[PDB]
Amino acid sequence: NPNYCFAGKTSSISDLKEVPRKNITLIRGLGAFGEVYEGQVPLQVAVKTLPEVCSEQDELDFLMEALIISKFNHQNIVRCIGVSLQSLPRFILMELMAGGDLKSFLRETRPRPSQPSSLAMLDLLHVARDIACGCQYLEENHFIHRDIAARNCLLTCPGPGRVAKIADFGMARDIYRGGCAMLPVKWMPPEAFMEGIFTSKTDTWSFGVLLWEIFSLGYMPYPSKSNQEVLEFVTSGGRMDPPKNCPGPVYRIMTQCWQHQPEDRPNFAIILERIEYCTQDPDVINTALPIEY
Ligand SMILES: C[C@@H](Oc1cc(-c2cnn(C3CCNCC3)c2)cnc1N)c1c(Cl)ccc(F)c1Cl
């Protein structure tokens, strides 16, 4: 059985908290490879399933993601409640994030003449800060996520007390041990997609793109551009324009995250300070978000 090392220590399948299957009830589906359910163990949970029709590599991938998430301990990384690996289909049990993924949330919660005040600049800044805090924890523990993006973040709830958390660690799992068309090239810095070089500054670039996703309210990055067009665009120095109504101080964080040389990009401590300073600036947080008609 394969081992996993994080923050100094090594763990194995034996270290995962096995929850007796009889104690697990599935309630409803929550919408690729394997299904997700709302469940109860009472403790409410999200259940990620491994299809019984899978390869040996699939099994090991499933095991590795369980190990990875179980070994993190931070408020902005989704918790793993445990696993049920001794029955089929196999389960990973996660903290239930009723807000759903960040991309879907932003698109369905965009200000509307029906809901003119569904979201404000401060809400977006708080989400950005939440994820940045999660990224800082990963960075200080020498973990490179490789796929920081809105689709991979979850929210505790739709309402005002919401907390955003990094949730999907599939890319990191894959690399820890595929194809060009599945690579998240629109979130990747030049040295990543060209040389396959990944560092903490990789996640900084991706976080810049996430920031754009957030302040665009859930648009796909590089509108109208294909993966290869983005690759050539970014390699040549091209960068995205500010999202609609984006305050200048916020856009400047994005452009710093997208510096061509990794050494010129901020670490997450600095990104956090700059997000904090934005939340303090009345001219930033008093800026109205566009209302979608
Ligand atoms: C594996 C799966 O886990 C969860 C999904 C969800 C989820 C997905 N969708 N929804 C909706 C349920 C109905 N109300 C709106 C959100 C909740 C909540 N908690 C989870 N732990 C998941 C999904 Cl499905 C998408 C992105 C992620 F980063 C993750 Cl980690």
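Using the PDB entry numbers, chain A covers 1093-1123, 1126-1135, 1144-1279, 1286-1401, in order. When a ligand or atom number is given, it counts from 1 through the structure's own listing order. These numbers come from the heavy atoms of this one structure, side chains and all, not from hydrogens, waters or symmetry mates. If you're wondering, the header gives X-ray crystallography, 1.9 Å.
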Binding partner of ligand 1 (most contacts, UniProt):
ALK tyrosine kinase receptor
Which listed candidate (tegoprazan, rivaroxaban, crizotinib, contezolid) is the molecule at ligand 1?
crizotinib
Any idea which protein heavy atom is nearest atom 21 (N) of crizotinib, and the distance to it?
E1197 O, 3.1 Å
N/O to N/O below 3.5 Å, does that happen between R1253 and crizotinib?
no
For atom 15 (C) of crizotinib, grab the closest protein heavy atom and report residue, atom and distance to one decimal in Å.
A1200 O, 3.6 Å
So which heavy atom in the protein is nearest atom 28 (F) of crizotinib, and how far is it from that ligand atom?
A1269 CB, 3.2 Å
So what's the source organism for chain A in this PDB entry?
Homo sapiens
Which UniProt domain would you name for the part of chain A holding most residues in contact with crizotinib?
Protein kinase
How far is atom 12 (C) of crizotinib from its nearest protein heavy atom, and which residue and atom is that?
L1122 CD2, 3.7 Å
Out of all atoms in crizotinib, which are within 4.0 Å of some heavy atom of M1196? Include the element for each.
1 (C), 21 (N), 30 (Cl)
Backbone, side chain, both or neither: what part of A1148 comes under 4.0 angstrom of crizotinib, heavy atoms only?
side chain
Report, in ascending order of atom number, the atoms of crizotinib lying under 4.0 Å from any heavy atom of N1254.
28 (F)
Write out the residue and atom name of the closest protein heavy atom to atom 11 (C) of crizotinib, then the distance separating them to 0.1 Å.
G1202 CA, 4.3 Å
I need the contact type for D1270 against crizotinib. Using non-hydrogen atoms and a strict under-4.0 Å cut-off, is it side chain, backbone, both or neither?
both
Identify which residue UniProt marks as active site in chain A lies closest to crizotinib, and report the least heavy-atom distance rounded to 1 Å.
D1249, 9 Å
Within-cut-off N or O pair, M1199 and crizotinib, under 3.5 Å:
yes
Atom 4 (C) of crizotinib - nearest protein heavy atom and its distance
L1256 CD1, 3.7 Å
How close does the nearest protein non-hydrogen atom get to atom 24 (Cl) of crizotinib, and which residue and atom is it?
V1130 CG2, 4.0 Å
Give, by chain and number, all residues and nucleotides of other chains with a heavy atom within 4.0 Å of crizotinib.
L1122, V1130, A1148, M1196, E1197, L1198, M1199, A1200, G1201, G1202, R1253, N1254, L1256, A1269, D1270
Check crizotinib against the protein and report each N/O to N/O distance under 3.5 Å, formatted as atom name, atom name, distance.
unit_1, atom_1, unit_2, atom_2, d
crizotinib, 19 (N), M1199, N, 2.9
crizotinib, 21 (N), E1197, O, 3.1

